[PDB]
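Lab note: Carbonic anhydrase 13, acetazolamide bound.
The chain is numbered in sequence order, starting from 1. Whatever order the structure lists ligands and atoms in, that order sets their numbers, starting from 1.
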Amino acid sequence: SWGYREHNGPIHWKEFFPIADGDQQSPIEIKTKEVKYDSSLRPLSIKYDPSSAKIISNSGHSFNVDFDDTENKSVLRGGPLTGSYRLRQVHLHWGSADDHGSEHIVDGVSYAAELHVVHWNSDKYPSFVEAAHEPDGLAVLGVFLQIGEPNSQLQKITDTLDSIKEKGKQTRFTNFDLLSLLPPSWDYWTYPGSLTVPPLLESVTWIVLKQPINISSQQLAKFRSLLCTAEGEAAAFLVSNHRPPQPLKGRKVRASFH
Ligand SMILES: CC(=O)Nc1nnc(S(N)(=O)=O)s1
Ligand SMILES: [Zn+2]
């Protein structure tokens, strides 16, 4: 089974999922010199209801804050999107050390971590499962985290880490102000890509914010104390869970800003 360890890591993924070498894989390196502004891009419209969050858990590959997507209370619209995309989950990627943990990298630079807000096209498809199999089915908002002062908006999440240390563990997580976690500026880059974890489906319209948010070194270290293994099973820490940048393959990276 896949993972981020030496024997089941990203370089080995093509062995289980041939699509790992697809033409629209994520993440990628964003080279600002090659980015083209597109006036046809609309401003992002983000409406998040704090009552949407339901639970947080350890999937074995990251922590997952799952939201109730039966309702249309939390949705993402605008940007490069056509229609409304319902909020589904929030998770985080990091590396074994502060100097290299983000999935997407900018001009050869890796941030310390990267937050992903996963949405699906509820306007066209019946469920996230089916949307995940369509080119225009998913939209993932990426937020870079860079080392800085402690971020009090992460406390709610970090306080639960011990209760979901083991893979499979979960605890109730509600009344979460996701919006306040985003940077003040929503300027972003967008390109067609895929999920960064198996099944690596190429159904994602990526929206990566340019402005990063802060996290202290102490805070980030807590996520590395999570295990990618289950209780009663041989232990292994989830010290790193980011996929290396993938070949752009001629895709166009667009900027919503000048
Ligand atoms: C259930 C679900 O959301 N699966 C995902 N797989 N990859 C994702 S990511 N890292 O590309 O946002 S989300
Ligand atoms: Zn992710």
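Tracing acetazolamide through the model gives ligand 1.
Acetazolamide has no N or O atom lying under 3.5 Å from any N or O atom of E103, backbone or side chain. Looking at the UniProt active-site residues in chain A, the one nearest to acetazolamide by heavy-atom distance, rounded to 1 Å, is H61, 8 Å. Of all UniProt domains in chain A, the one holding most residues touching acetazolamide is Alpha-carbonic anhydrase. The ligand atoms of acetazolamide that sit less than 4.0 angstrom from a heavy atom of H93 are 10 (N). In terms of protein heavy atoms, atom 11 (O) of acetazolamide is closest to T196 N, 2.8 Å.
In this structure, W206 has a heavy atom closer than 4.0 Å to acetazolamide. The ligand atoms of acetazolamide that sit less than 4.0 angstrom from a heavy atom of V118 are 3 (O), 12 (O), 13 (S). The single protein non-hydrogen atom nearest to atom 6 (N) of acetazolamide is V197 CG2, 3.1 Å, given as residue, atom name and distance.
At a heavy-atom cutoff of 4.0 Å, acetazolamide is contacted by both the backbone and the side chain of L195. In chain A, acetazolamide lies within 4.0 Å of these UniProt substrate-binding residues, judged by heavy atoms: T196, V197. Near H91, meaning under 4.0 Å from any of its heavy atoms, are these atoms of acetazolamide: 9 (S), 10 (N), 12 (O), 13 (S).
The list of other ligands and ions under 4.0 Å from acetazolamide reads ligand 2 (zinc ion).
The overlap between the UniProt Zn(2+)-binding residues of chain A and the residues with a heavy atom under 4.0 Å from acetazolamide is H91, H93, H116.
The shortest heavy-atom distance from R88 to acetazolamide is not under 4.0 Å. The nearest heavy-atom contact from the protein to atom 4 (N) of acetazolamide is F128 CZ, 4.3 Å. Using a 4.0 Å heavy-atom cut-off, the binding site of acetazolamide is formed by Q89, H91, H93, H116, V118, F128, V140, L195, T196, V197, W206.
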